[PDB]
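Chains: A, B, ... assigned top-down by sequence line. Per the PDB entry, chain A residues shown: 2-229, in order. The residue numbers of chain B are those assigned by the PDB entry, with the residues present covering 2-228 sequentially. Whatever order the structure lists them in is the order used to number ligands and atoms, beginning at 1. Per the header of the entry, the method used was X-ray crystallography, 1.9 Å. These numbers come from the heavy atoms of this one structure, side chains and all, not from hydrogens, waters or symmetry mates.
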Amino acid sequence: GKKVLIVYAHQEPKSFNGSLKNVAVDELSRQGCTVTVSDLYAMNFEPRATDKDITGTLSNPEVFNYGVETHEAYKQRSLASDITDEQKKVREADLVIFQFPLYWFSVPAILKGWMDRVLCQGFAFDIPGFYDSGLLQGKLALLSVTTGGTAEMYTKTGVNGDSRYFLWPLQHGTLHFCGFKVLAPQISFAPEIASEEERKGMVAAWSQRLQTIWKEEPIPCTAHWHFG
Amino acid sequence: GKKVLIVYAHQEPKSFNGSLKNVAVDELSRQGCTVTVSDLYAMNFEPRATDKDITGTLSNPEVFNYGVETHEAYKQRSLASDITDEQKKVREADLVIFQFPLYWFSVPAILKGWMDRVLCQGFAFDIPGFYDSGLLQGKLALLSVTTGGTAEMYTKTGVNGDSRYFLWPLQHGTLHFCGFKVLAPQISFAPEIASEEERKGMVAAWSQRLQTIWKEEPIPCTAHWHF
Ligand SMILES: Cc1cc2nc3c(=O)[nH]c(=O)nc-3n(C[C@H](O)[C@H](O)[C@H](O)COP(=O)(O)OP(=O)(O)OC[C@H]3O[C@@H](n4cnc5c(N)ncnc54)[C@H](O)[C@@H]3O)c2cc1C
Ligand SMILES: Cc1cc2nc3c(=O)[nH]c(=O)nc-3n(C[C@H](O)[C@H](O)[C@H](O)COP(=O)(O)OP(=O)(O)OC[C@H]3O[C@@H](n4cnc5c(N)ncnc54)[C@H](O)[C@@H]3O)c2cc1C
Ligand SMILES: COc1cc2nc(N3CCN(C(=O)c4ccco4)CC3)nc(N)c2cc1OC
Ligand SMILES: COc1cc2nc(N3CCN(C(=O)c4ccco4)CC3)nc(N)c2cc1OC
Ligand SMILES: [Zn+2]
Ligand SMILES: [Zn+2]
């Protein structure tokens, strides 16, 4: 028995991202997995890292330091409940899938805020207690990303460089840092450009990949994998 | 005369980032430059890309495509005023400095939202206006970043890898894509582990570099430079 959290960042249910999220839910549900979706836009999820994220007495009220104050708030249980709600979902999950359109070679800001606010020190990592010693060790993570650019454009000799270059901050700097084993990303290239058959193909490839997701090995989340 | 925009993303005026922003203001002001600051947290800047970003009625209110709708709204002068306020500052600027602490090998979400919302198709880029021909060509951009990790931690065979690895999505994927010439980043490594005198010295060095900022050449913003 397995628990899956899908962190989903798209404004439009009828979008290609919406379809990818829906087939994920359908297929994991069919397998008998426990499935939860955090639909960040529908939740109006707060992306800003602010002093509103701590409800208790601040450790240093004269000079506000977000990292210091959230680490302390986590230990004291004085974090805002929207953060601790998300942390519960992550804690219980065996696999976390991020479903999002690529925005400026990265996640949309609303999802960036989820990373900034939910993955605090004490919960997701400590110093020491990061990368292979990260606190979310034992969990799997997977990026399911859609692009405007074609696969052509995302090659080493294309304008945008290889797709793996833009994965580094997310796969390594965030997920690996927190101790996740990272599964190979699912990149669905340029669905707005693609034909009807090509889009249906991309949806079914994801659906089909999910059938055997629990048999996959993680990537070696290293500089060499990303950059060669 | 030169116009500079500083897009600043820290919650605390007394912070190390705050000090770096303040010396940039002081030094560029001393030089006679026109200086504007967008203090994102103080503005409570909206980071979410939503249909609220378009005023009046939408191009296709059945299926919402942010990219399409904001491109159309830009062309039809129908974007929310927080966005168009920022676009005016960017249009008039000769240099845009981004002052921020590194969050997860990237910009804080509030700053990511400025990028997502302000740099829309029609304003910052178009077909064929991207990279070398991007719509903001002729402008300079500069990332001034503070980190938790020391410089040693950010070496090519360090835990965190090379600094330039994380710069790629920001410098190339974003700024170069819009046509900016990118100046070398100012990276202020690990202010929190001090010393109080060593912090003084990083602030001073940023100020010193700003003295000759207009003489500098842009980096070659290529896969090669970063990797
Ligand atoms: C601020 C911003 C920054 C961006 N930065 C980048 C960037 O840095 N690099 C880059 O490459 N791109 C970038 N993009 C482009 C962006 O990544 C794409 O527009 C997005 O990935 C497309 O996914 P979508 O779900 O919105 O597509 P949609 O427009 O929703 O889908 C395309 C088509 O697929 C159809 N569809 C939906 N479901 C199905 C289904 N079940 N079967 C068949 N068809 C279906 C839809 O009806 C639609 O016609 C950026 C976009 C924005 C707005
Ligand atoms: C969500 C999150 C994600 C993060 N992700 C990363 C990451 O991926 N990689 C990484 O390396 N780090 C990361 N960090 C750490 C972060 O980048 C550092 O905490 C930050 O850059 C420190 O900058 P600051 O301005 O807040 O320092 P401050 O705490 O504000 O500065 C340190 C000291 O400088 C003092 N000071 C202020 N002005 C001056 C002055 N002019 N002269 C002398 N001293 C002065 C202050 O009083 C303070 O004591 C993350 C932090 C958070 C909260
Ligand atoms: C090559 O890399 C990039 C590609 C991008 N594509 C788009 N779109 C989204 C909409 N498209 C369409 O097919 C389209 C046409 C009509 C309706 O929809 C593709 C262009 N928007 C961006 N902001 C991009 C940024 C990039 O690099 C930073
Ligand atoms: C190696 O790369 C990383 C370094 C990090 N350092 C910190 N600090 C900054 C240094 N601190 C301090 O001296 C300190 C101690 C007490 C108060 O302040 C706080 C933790 N916080 C993060 N979130 C980091 C994330 C990283 O990679 C994703
Ligand atoms: Zn890694
Ligand atoms: Zn470049």
*State which drug is located at ligand 4.*
prazosin
*Going by UniProt, what is the chain that binds prazosin (ligand 4) with the most atom pairs under 4.5 Å called?*
Ribosyldihydronicotinamide dehydrogenase [quinone]
*Find all other chains that place a heavy atom under 4.0 Å from prazosin (ligand 4).*
A, B
*Looking at B:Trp105, which atoms of prazosin (ligand 4) are within less than 4.0 Å of one of its heavy atoms?*
28 (C)
_Taking 4.0 angstrom as the limit and counting only heavy atoms of B:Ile194, give me the atoms of prazosin (ligand 4) inside it, by number and element._
13 (O)
*Considering only protein heavy atoms, which is closest to atom 20 (C) of prazosin (ligand 4), and at what distance to one decimal place?*
A:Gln122 OE1, 4.0 Å
*Note the single closest protein heavy atom to atom 22 (C) of prazosin (ligand 4), along with its residue, its atom name and the distance in Å.*
A:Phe126 CZ, 4.0 Å
*For prazosin (ligand 4), is A:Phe131 a contact, meaning one of its heavy atoms is under 4.0 Å away?*
no
*Would you mind running through prazosin (ligand 4) and noting each atom that sits below 4.0 Å from a heavy atom of A:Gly174?*
28 (C)
*Return the residue, atom name and 0.1 Å-rounded distance of the protein heavy atom closest to atom 4 (C) of prazosin (ligand 4).*
B:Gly150 N, 3.9 Å
_Below 4.0 Å from prazosin (ligand 4): does a non-hydrogen atom of A:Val69 turn up there or not?_
yes
*Would a 4.0 Å cut-off, counted as strictly less than, catch a protein heavy atom around atom 1 (C) of prazosin (ligand 4)?*
yes
*asked:* For atom 26 (C) of prazosin (ligand 4), what is the closest protein heavy atom, and at what distance to 0.1 Å?
replied: A:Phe178 CZ, 3.6 Å
_Check this for me - prazosin (ligand 4), B:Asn161, N or O atoms closer than 3.5 angstrom, yes or no?_
yes
*For atom 12 (C) of prazosin (ligand 4), find the nearest protein heavy atom and state the residue, atom name and distance (0.1 Å precision).*
B:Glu193 CB, 4.2 Å
*Name the closest protein heavy atom to atom 5 (C) of prazosin (ligand 4), giving the residue it belongs to and the distance to 0.1 Å.*
B:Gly149 CA, 4.3 Å
*Taking heavy atoms and a cut-off of 4.0 Å, what residues surround prazosin (ligand 4)?*
A:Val69, A:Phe126, A:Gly174, A:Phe178, B:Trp105, B:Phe106, B:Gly149, B:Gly150, B:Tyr155, B:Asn161, B:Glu193, B:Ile194
Pairs under 3.5 Å, N/O atoms on prazosin (ligand 4) and on the protein: can you put them in a table with the distances?
| unit_1 | atom_1 | unit_2 | atom_2 | d |
| --- | --- | --- | --- | --- |
| prazosin (ligand 4) | 2 (O) | B:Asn161 | ND2 | 2.4 |

